Q: 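Got a structure for you, questions after.
Chain naming here is simple, since letters A, B, ... match the order of the sequence lines and numbering starts at 1 in each. When a ligand or atom number is given, it counts from 1 through the structure's own listing order. Quick note: numbers below take in every heavy atom, side chains included, and nothing from hydrogens, waters or symmetry partners.
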Amino acid sequence: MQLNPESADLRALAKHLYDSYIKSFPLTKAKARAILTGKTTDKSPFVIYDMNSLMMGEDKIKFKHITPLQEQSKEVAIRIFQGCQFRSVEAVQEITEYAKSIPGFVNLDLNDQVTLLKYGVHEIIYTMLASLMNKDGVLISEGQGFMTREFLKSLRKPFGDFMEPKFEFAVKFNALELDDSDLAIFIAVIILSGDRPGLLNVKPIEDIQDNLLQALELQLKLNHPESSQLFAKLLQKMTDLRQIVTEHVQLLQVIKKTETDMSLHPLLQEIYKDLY
Amino acid sequence: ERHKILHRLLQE
Ligand SMILES: CC(C)(Oc1ccc(CCNC(=O)c2ccc(Cl)cc2)cc1)C(=O)O
C-alpha cells in the first residue's frame, strides 16, 4: 500500500461519497448508535413493546406520514405495514438522490440507471436498516421511536415474519463494526453492480464499481487496523442481502395473495415487478 | 416504460 496520486484520488472519492451520504439520508449510523445508547441531547425515542405502547405511541409520536384526517386500517399489523411502505418510498428517493452523486453514474445509459436503482434499492435499505437496529429492536420515525423485535414478531401472520430476517442479518452485519465512512462507499458498490439483469452497457458500470471497490478496500484497510479480512467479509454480505431481498419478495406474495388488496404503493410495485 | 416513476425520479 502506497501514497501515490491514485490513492489520493481514492480518498478524495471516499470523502465525496461520505459528504453526499451524510446529506442524502436523515439518520446516520453515528447518530443512531448515540440514540441507541442514550448518549444524546435528543429527547429519547418512545418505546413500543406491546399493544398498549403502540397505541400510546401513535398519539405521542409525530409520524411524518399520517394526519388526523385519513383512515387508517383498524388492524395494527396493516397500519405498521403501511408506515413501512411510506418509509421505503421515501428511501427510494434518498437512494436515487445519492446514486446521482456517485461520480459517473449520471452519465450511464438512463435505462441502465433505472435498472441499477431497481435492484440496488432494497439491498441498500436492509444494509442501512442495520444501522438502526440492535438485538432488541429498531429505531423508527427518524429515531423518534423504537419498536421492539419481539413486538414485531408478535404481529399476526404473515406480518410477524417480515422484520425477523432483517434483525438476524443486522446482528451479524453490525458485528463488522462499519461506520458511516465505510457504509457510504459500500452502498455505492452495491448500486453499481454490473451483474444486474437487463443491463445494456455493462462496461462503463464495471469501470465505476472498480474504482468504488478500490476506494472501499483502501478505506477499510485505513479504518480497521484490527480486521484482517473486512473487505471480503463485507463483499460476501452482498450475497446475504440478495437472499434477504428474495425472501422478502416471496413473503410479499403471501400478502396480496391472501390479504385484502391492501395494495402496494406503485413505486414499490415498479421495483418488485419482474425482480427475480 | 415499465418503471415510469423511477424514470421520473432519475430525470429530475
Ligand atoms: C415496505 C415493504 C413492503 O416491506 C418492508 C417492511 C418493513 C421494512 C423495514 C422498515 N424500515 C424501513 O422501511 C426503512 C427504510 C429505509 C431506512 Cl433509511 C430506514 C428504514 C422494510 C420493507 C417493502 O418491501 O418496501
Q: Which drug or candidate compound lies at ligand 1?
A: bezafibrate
Q: In this PDB structure, which macromolecule forms the chief contact with bezafibrate, named as in UniProt?
A: Peroxisome proliferator-activated receptor gamma
Q: If you measure heavy-atom distances to bezafibrate, which other chains fall under 4.0 Å?
A: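 Chains with a heavy atom under 4.0 Å: A.
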Q: Quick sanity check - which UniProt rosiglitazone-binding residues of chain A lie within 4.0 Å of bezafibrate on heavy atoms?
A: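 Per UniProt, the ones with a heavy atom under 4.0 Å: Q85(A), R87(A), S88(A), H122(A), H248(A), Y272(A).
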Q: State the UniProt domain of chain A containing the majority of residues contacting bezafibrate.
A: NR LBD
Q: Do you know the source organism the PDB entry gives for chain A?
A: Homo sapiens
Q: Yes or no: does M163(A) have any heavy atom under 4.0 Å from an atom of bezafibrate?
A: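 True for this residue.
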Q: By number and element, which atoms of bezafibrate are closer than 4.0 Å to a non-hydrogen atom of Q85(A)?
A: 1 (C)
Q: Side chain or backbone of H122(A) under 4.0 Å from bezafibrate, or both, or neither, by non-hydrogen atoms?
A: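 It is the side chain that touches bezafibrate; the backbone stays farther off.
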Q: Where's the contact between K166(A) and bezafibrate, heavy-atom distance under 4.0 Å: side chain, backbone, both or neither?
A: neither
Q: If you have a sec, work out which protein heavy atom is nearest atom 17 (C) of bezafibrate and how many Å separate them, to one decimal?
A: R87(A) NE, 3.6 Å
Q: Mind checking whether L129(A) contacts bezafibrate via backbone (N, CA, C, O), side chain (CB onward), both or neither, at a 4.0 Å heavy-atom cut-off?
A: side chain
Q: Could you name the option among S88(A), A130(A), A32(A), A91(A) that has the heavy atom nearest to atom 13 (O) of bezafibrate?
A: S88(A)
Q: Students should be able to answer this: which protein heavy-atom is nearest to atom 5 (C) of bezafibrate, and at what distance?
A: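 Answer, as residue, atom name and distance: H248(A) CE1, 3.4 Å.
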Q: Write out the residue and atom name of the closest protein heavy atom to atom 3 (C) of bezafibrate, then the distance separating them to 0.1 Å.
A: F81(A) CZ, 3.5 Å
Q: Taking non-hydrogen atoms only, is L132(A) closer than 4.0 angstrom to bezafibrate via side chain, backbone, both or neither?
A: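 The part of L132(A) near bezafibrate is the side chain, not the backbone.
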Q: Can you tell me if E90(A) contacts bezafibrate (heavy atom of the residue under 4.0 Å from the ligand)?
A: no
Q: Considering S24(A), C84(A), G83(A), which one's heavy-atom position lies nearest to atom 10 (C) of bezafibrate?
A: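 Nearest heavy atom to atom 10 (C) of bezafibrate lies in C84(A).
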Q: What protein heavy atom sits nearest atom 24 (O) of bezafibrate, and how far away is it?
A: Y272(A) OH, 1.9 Å
Q: Answer with side chain, backbone, both or neither: which part of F25(A) has a heavy atom less than 4.0 angstrom from an atom of bezafibrate?
A: neither
Q: Which residues count as the binding site of bezafibrate under a heavy-atom cut-off of 4.0 Å?
A: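 Heavy-atom neighbours of bezafibrate: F81(A), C84(A), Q85(A), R87(A), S88(A), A91(A), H122(A), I125(A), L129(A), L132(A), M163(A), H248(A), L252(A), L268(A), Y272(A).
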Q: Between bezafibrate and the protein, find all N/O pairs closer than 3.5 Å and give the distance for each.
A:
unit_1: bezafibrate; atom_1: 4 (O); unit_2: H248(A); atom_2: NE2; d: 3.1
unit_1: bezafibrate; atom_1: 24 (O); unit_2: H122(A); atom_2: NE2; d: 3.4
unit_1: bezafibrate; atom_1: 24 (O); unit_2: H248(A); atom_2: NE2; d: 2.6
unit_1: bezafibrate; atom_1: 24 (O); unit_2: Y272(A); atom_2: OH; d: 1.9
unit_1: bezafibrate; atom_1: 25 (O); unit_2: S88(A); atom_2: OG; d: 3.2
unit_1: bezafibrate; atom_1: 25 (O); unit_2: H122(A); atom_2: NE2; d: 3.4
unit_1: bezafibrate; atom_1: 25 (O); unit_2: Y272(A); atom_2: OH; d: 3.2

